[PDB]
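Below is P450 epoxidase with epothilone B bound.
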Amino acid sequence: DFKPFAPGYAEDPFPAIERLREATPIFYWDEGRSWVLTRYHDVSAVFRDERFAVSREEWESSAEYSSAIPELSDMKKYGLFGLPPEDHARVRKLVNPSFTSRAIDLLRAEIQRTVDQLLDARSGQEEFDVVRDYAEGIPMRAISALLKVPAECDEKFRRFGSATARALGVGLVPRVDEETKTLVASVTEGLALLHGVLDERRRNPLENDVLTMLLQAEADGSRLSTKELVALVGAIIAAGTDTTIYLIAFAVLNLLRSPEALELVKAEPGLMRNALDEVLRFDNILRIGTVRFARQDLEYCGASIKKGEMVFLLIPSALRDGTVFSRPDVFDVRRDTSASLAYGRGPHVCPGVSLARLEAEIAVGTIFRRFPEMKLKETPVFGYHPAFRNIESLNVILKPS
Ligand code: HEM
Ligand SMILES: C/C(=C\c1csc(C)n1)[C@@H]1C[C@@H]2O[C@]2(C)CCC[C@H](C)[C@H](O)[C@@H](C)C(=O)C(C)(C)[C@@H](O)CC(=O)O1
């Protein structure tokens, strides 16, 4: 039984996937039209198995997929998930330096400012929603600061980011939870806006600037094409928005749920970094996981997988694998989290890992330092986002009494 859209699954998928993981390393998911890998070692292996491709054009349903949401056709083919291996490496080699911990450190001040202003704006009420009043307003500001886009454009870009991430699932994953017209509008509006931002930066290039750097790469030799560049910036916005919102929300939730964990991070603020990694290890935000496609017929974990068939890596399951993490069903902010696959492995490893950790460190660190007695008002509400165990609301009382 695998029903990742069943009511309750997002809130707590662990009993259901544990049953799966213990019974089998692999199964075919009817509605998902793909194989599903449940165990750490098989999941981890596939990340680094060149037999399994990332490009959706290797899928048996590629035609149906490329035709869906034609406004995103360029992003699908020239984006990081679509480029051929040689081109993918080129693009990553080009942008990776811009995302190191050192490079993104400069954003520290602006992120703190945003976090400060969100807390000042709303901390006074009876009720505070860690999603809508806090987490939701942080990640795009971070990305926009990195892109040197005015705070005025934040809301429109966040809408683009969140819409794009869902739209990319249409025809690929089972149940995208929104009206197509609305999705396409936000995507169109966002791409237009992005075009304007890029044209302006071409007009006024800047020093030590990611976009300027990309634009110069595009102008000079053959290091980056216009479509690759647009697909890259679009993907950065779409990949880095909702993911980070849920990290922040899940972090606060999990620290409210473990007084012992919270107490350790209060005692040793230096543990926050490890705690945030353990949030994704213990309670991974992905509903199912990520996908790969078989480039040829092969046998795997006792299954006969055919060329072009999709495979889902069941991340929240692999990350509860007891052969890899001891006491895997315990949230332990002191554990070694090195083996967590939350940010991927191999050439496609998430470039935003440092930016995400920084944003969450500032956001989660600040809220608990400023309101150390914060308490859950009532059970968080979860939704049916096709990719995420999305928290819709996380209502708290900042200073209870
Ligand atoms: C906040 C928590 C985040 C998580 C849990 C996360 C997770 C992941 C994972 C698992 C992958 C690999 C998917 C695969 O291999 O199929 C990935 C890739 C990617 N991530 Fe993140 N990410 C996060 C934040 C960010 C941020 C903040 C950005 C941008 C600022 C970002 C940009 C990207 C991009 C562009 C890719 C595609 C990489 C490639 O295919 O070469 N992510 N992310
Ligand atoms: C938009 C995007 C990445 C990207 C880079 S280049 C390109 C095109 N897209 C982000 C990545 C994000 O870090 C994770 C969870 C990537 C999550 C990994 C996989 C790819 C997703 O869960 C996948 C099956 C999905 O459910 C959909 C709905 C298709 C995704 O949009 C979810 C989604 O939001 O994907």
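Numbers in chain A track the PDB entry; the residues on display, in order, are 16-416. Note that ligands are numbered from 1 as they come in the structure, with each ligand's atoms numbered from 1 the same way. What you see below is based on every heavy atom in this structure, not just the backbone, and it leaves out hydrogens, waters and symmetry mates.
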Which ligand numbers or chain letters correspond to epothilone B, including copies?
ligand 2
Out of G304, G97, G249, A182, indicate the one that has the non-hydrogen atom closest to atom 23 (C) of epothilone B.
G304
Check each of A254, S49, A180 against atom 33 (C) of epothilone B and report the one with the nearest heavy atom.
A180
Enumerate the neighbouring ligands and ions of epothilone B below 4.0 Å.
ligand 1 (protoporphyrin IX containing FE)
Report, in ascending order of atom number, the atoms of epothilone B lying under 4.0 Å from any heavy atom of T305.
18 (C), 19 (C), 20 (C)
Within the protein, is there a heavy atom lying under 4.0 Å from atom 11 (C) of epothilone B?
yes
For epothilone B, is any non-hydrogen atom under 4.0 Å from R71's backbone (N, CA, C, O), its side chain (CB onward), both, or neither?
side chain
Please state which substrate-binding residues recorded by UniProt for chain A are within 4.0 Å of epothilone B (heavy atoms only).
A180, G304
Tell me which part of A250 gets within contact of epothilone B: side chain, backbone, both or neither, using heavy atoms under 4.0 Å.
side chain
Mind pulling out the UniProt heme-binding residues of chain A that sit under 4.0 Å from epothilone B by heavy-atom distance?
none
Provide the binding site of epothilone B at 4.0 Å, counting non-hydrogen atoms only.
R71, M90, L95, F96, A180, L183, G184, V188, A250, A254, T258, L301, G304, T305, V306, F327, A402, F403
